[PDB]
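The structure appears below as structure tokens.
Lettering follows sequence order; numbering is per chain, from 1. Non-standard residues take their parent's letter or X, and their extra atoms are not counted toward contacts.
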Amino acid sequence: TXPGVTXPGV
Amino acid sequence: XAXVXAXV
DNA sequence: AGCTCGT
DNA sequence: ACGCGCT
Ligand SMILES: *C(=O)c1cnc2ccccc2n1
Ligand SMILES: *C(=O)c1cnc2ccccc2n1
Ligand SMILES: [Mg+2]
Ligand SMILES: [Mg+2]
Ligand SMILES: [Mg+2]
Ligand SMILES: [Mg+2]
């Protein structure tokens with residue numbers, strides 16, 4: 001996720 | 001990712 | 001494949 | 001002294 005907590009996605 | 005001082 | 005902080 | 005969350 002995020003970043004943080006990429007995306008999703010990418 | 002860990003949160004032990006920052007928690008990002 | 002795709003990234004990030006200091007208490 | 002610590003690595004995290006789905007599309
Ligand atoms: C979270 O797992 C995590 C891991 N490494 C990092 C390095 C620098 C800043 C934040 C970070 N977070
Ligand atoms: C939290 O601020 C923090 C700062 N320095 C660290 C060094 C090593 C592990 C965890 C740490 N946490
Ligand atoms: Mg993969
Ligand atoms: Mg540091
Ligand atoms: Mg590390
Ligand atoms: Mg994991």
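- The drug name recorded for chain B is echinomycin.
- According to the PDB, the drug at chain A is actinomycin D.
- By chain letter, those with a heavy atom nearer than 4.5 Å to echinomycin are A, C, D.
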